[PDB]
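Snapshot of acarbose at 4-alpha-glucanotransferase.
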Amino acid sequence: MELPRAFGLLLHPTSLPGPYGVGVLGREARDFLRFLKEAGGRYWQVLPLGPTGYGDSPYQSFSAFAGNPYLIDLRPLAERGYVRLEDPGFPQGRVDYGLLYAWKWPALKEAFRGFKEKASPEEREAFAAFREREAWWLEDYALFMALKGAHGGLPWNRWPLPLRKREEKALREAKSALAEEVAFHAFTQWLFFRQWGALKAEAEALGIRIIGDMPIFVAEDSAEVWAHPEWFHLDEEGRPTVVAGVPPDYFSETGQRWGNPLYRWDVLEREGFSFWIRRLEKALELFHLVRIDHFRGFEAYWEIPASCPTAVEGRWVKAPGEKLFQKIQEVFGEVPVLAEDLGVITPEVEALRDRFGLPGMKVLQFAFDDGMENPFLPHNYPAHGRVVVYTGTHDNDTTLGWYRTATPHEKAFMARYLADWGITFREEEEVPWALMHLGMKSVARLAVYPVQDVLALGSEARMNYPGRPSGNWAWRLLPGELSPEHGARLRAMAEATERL
Ligand SMILES: C[C@H]1O[C@H](O[C@H]2[C@H](O)[C@@H](O)[C@@H](O[C@H]3[C@H](O)[C@@H](O)[C@@H](O)O[C@@H]3CO)O[C@@H]2CO)[C@H](O)[C@@H](O)[C@@H]1N[C@H]1C=C(CO)[C@@H](O)[C@H](O)[C@H]1O
Ligand SMILES: C[C@H]1O[C@H](O[C@H]2[C@H](O)[C@@H](O)[C@@H](O[C@H]3[C@H](O)[C@@H](O)[C@@H](O)O[C@@H]3CO)O[C@@H]2CO)[C@H](O)[C@@H](O)[C@@H]1N[C@H]1C=C(CO)[C@@H](O)[C@H](O)[C@H]1O
């Protein structure tokens, strides 16, 4: 993949400013694209866009295909009279997910009722047409969500056996009994894709490419796992027999047990990797590039017996990454994938990435805790530049927040390294900019930065803190917070580093 030298910004849509408690796919999203274009940015990166559950993590979605109903802009609906919106008291600068769950679901439900009553024939037709075209994943997703709502939010593998095991007769009866609930969820999808499609066209009109994000492993409690038990290592009761994670290492003697169901790779290969082809086809309708989290899992993954409460009991298992990507190349004619390969250092993963021209990542906040051999330091990046450099990702603190808690060593080495690259700073608040500048001076073809670093926000704006119980995925921009001055500063930096 040939990436021209450029820069972009990382901003999950929920973080957009605007009324009604959460960023949505509307004017403010368009304002951000405009800001990005004026700043000279050519990429907008988001986190996974699927529907979320308790904890609100984009990385644990009810579906590998559905769009997050919380991102639906309700204004176009209120404007056609389908619903009357009333702010129950959403805060500024953050998403109160508890309130959004309590208020937005009913507002979408009311909107659907108003729609059935007032929609024009053209809208009814379009929605029906959408349900037909997307049936191959929508039938399962909409029934999955209807069943979930009818069984008190229980995970699919705790539902009555006939439904859990998808006995046809039982599914047909449920689909019939929950007809309006199924149509309602299908309605949230039609709105989500219509709005995303419009936003994507806006991005394209502005010369902007969108980098989507798809975790390599799906979630246990999701429509596709329920509908395709044959593609995952589950027992007869739908329980994963092995789960994803990573082994212990110098950092943790317990490793990480993520819990995700794992693929029956032999079955997927036999089916021409249909699940993955479908997954990518759907994603390519929404994005120009797809970042895949834990890309190394296509080469080998840490398989943990589900009975083990930690990650200590696993073993590395080879996956057919080569054949899968050969299949992806064959079908799509290119592999529009960005590999999340943080801390892999394994040769075979690098080789698989390179074989298909896939860029990896570099995160500057991790470059100063040791020596000059640290792979995250710019002089160590590959001369071919097929890598995306970030100051920090959604899992890291903002760079100012990181700086304030960095070790004396990190702070001193960073400053010295910056100076070696002709960069300096005076106040703490300037560190995010100095690091963004260091990334832009690097050979990395793409430099992508979280908006919180553009705003030089502290720890209060950190998107996600892995391991922390609450406050995650909630940060939001305030109206007008990204000023023309922020854009001009990014633009001047891009111009100087030849990224325009
Ligand atoms: C306040 C709370 O709002 C959100 O909570 C809702 C979840 O998104 C829903 O999916 C639903 O969760 C139920 C599960 O579906 C069901 O399978 C079962 O496990 O019971 C769950 C509880 O009913 O309903 C949730 C609301 O009740 C949001 O996702 C969640 O993160 C929010 N919780 C935050 C607030 C506090 C209060 O200090 C903390 O305990 C949490 O760590 C925060 O994340
Ligand atoms: C659901 C999960 O969401 C968050 O975790 C994800 C990260 O945000 C992603 O960036 C991605 O990171 C991993 C890299 O892809 C991988 O290559 C390696 O570097 O490890 C990274 C994470 O250590 O994927 C993460 C999901 O694996 C969030 O931080 C995390 O806390 C959330 N976990 C919830 C799920 C379970 C399972 O029941 C519980 O154990 C946790 O307490 C929940 O918070």
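Chain A is numbered as in the PDB entry; the shown residues are, in order, 1-500. Side chains included, hydrogens not; waters and symmetry mates left out as well; all remaining heavy atoms used. Recorded method is X-ray crystallography, 1.9 Å. Counting convention: from 1, in listed order, for ligands and their atoms alike.
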Notebook entry, point to check: Which residues of the other chains approach acarbose (ligand 1) to under 4.0 Å (heavy-atom distance)?
Noted result: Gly53, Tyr54, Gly55, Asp56, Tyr97, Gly98, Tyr101, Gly153, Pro469, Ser470
Item checked: Any N or O of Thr52 closer than 3.5 Å to N or O of acarbose (ligand 1) -> no
Notebook entry, point to check: For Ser470, is at least one N or O under 3.5 Å away from an N or O on acarbose (ligand 1)?
Noted result: yes
Note to self: What's the entry got as the organism for chain A?
What the structure shows: Thermus aquaticus
Checklist line | Ligand/ion neighbours of acarbose (ligand 1) at under 4.0 Å | finding: none
Next item on the list: Measure the distance from atom 25 (C) of acarbose (ligand 1) to every protein heavy atom, then report the residue, atom name and distance (to 0.1 Å) of the closest one.
Entry: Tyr54 CD1, 3.9 Å
Margin query: Mind telling me the covalent anchor of acarbose (ligand 1), residue and atom, or none?
Written below: none
Check: Tell me, which protein residue and heavy-atom name are nearest atom 2 (C) of acarbose (ligand 1), and how many Å apart are they?
Finding: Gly98 CA, 3.9 Å
Margin query: For acarbose (ligand 1), which is the ligand I care about here, please tell me if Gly53 has any N or O atom under 3.5 Å from one of the ligand's N or O atoms.
Written below: yes
Notebook entry, point to check: With a 4.0 Å cut-off, strictly under, does atom 13 (C) of acarbose (ligand 1) pick up any protein heavy atom?
Noted result: no
Margin query: What protein heavy atom lies closest to atom 4 (C) of acarbose (ligand 1)? Include the residue and the distance to one decimal.
Written below: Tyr97 O, 4.0 Å
Margin query: When you compare acarbose (ligand 1) with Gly55, is there at least one nitrogen or oxygen pair between them that comes in under 3.5 angstrom?
Written below: yes
Note to self: Any protein heavy atom at under 4.0 Å, with atom 38 (O) of acarbose (ligand 1) as the reference point?
What the structure shows: no
Margin query: Yes or no, since that's all I need: does a protein heavy atom fall within a distance strictly under 4.0 Å of atom 18 (C) of acarbose (ligand 1)?
Written below: no
Notebook entry, point to check: Starting from atom 27 (O) of acarbose (ligand 1), which protein heavy atom do you reach first, and at what distance in Å?
Noted result: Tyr101 CE2, 4.8 Å
Notebook entry, point to check: Would a 4.0 Å cut-off, counted as strictly less than, catch a protein heavy atom around atom 41 (C) of acarbose (ligand 1)?
Noted result: yes
Note to self: Counting non-hydrogen protein atoms only, what is the nearest one to atom 29 (O) of acarbose (ligand 1)? Give residue, atom name and distance.
What the structure shows: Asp56 OD1, 2.6 Å
Notebook entry, point to check: Are any of the N or O atoms of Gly153 closer than 3.5 Å to those of acarbose (ligand 1)?
Noted result: yes
Next item on the list: For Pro469, take its heavy atoms, then give the atoms of acarbose (ligand 1) lying under 4.0 Å from any of them.
Entry: 42 (O)
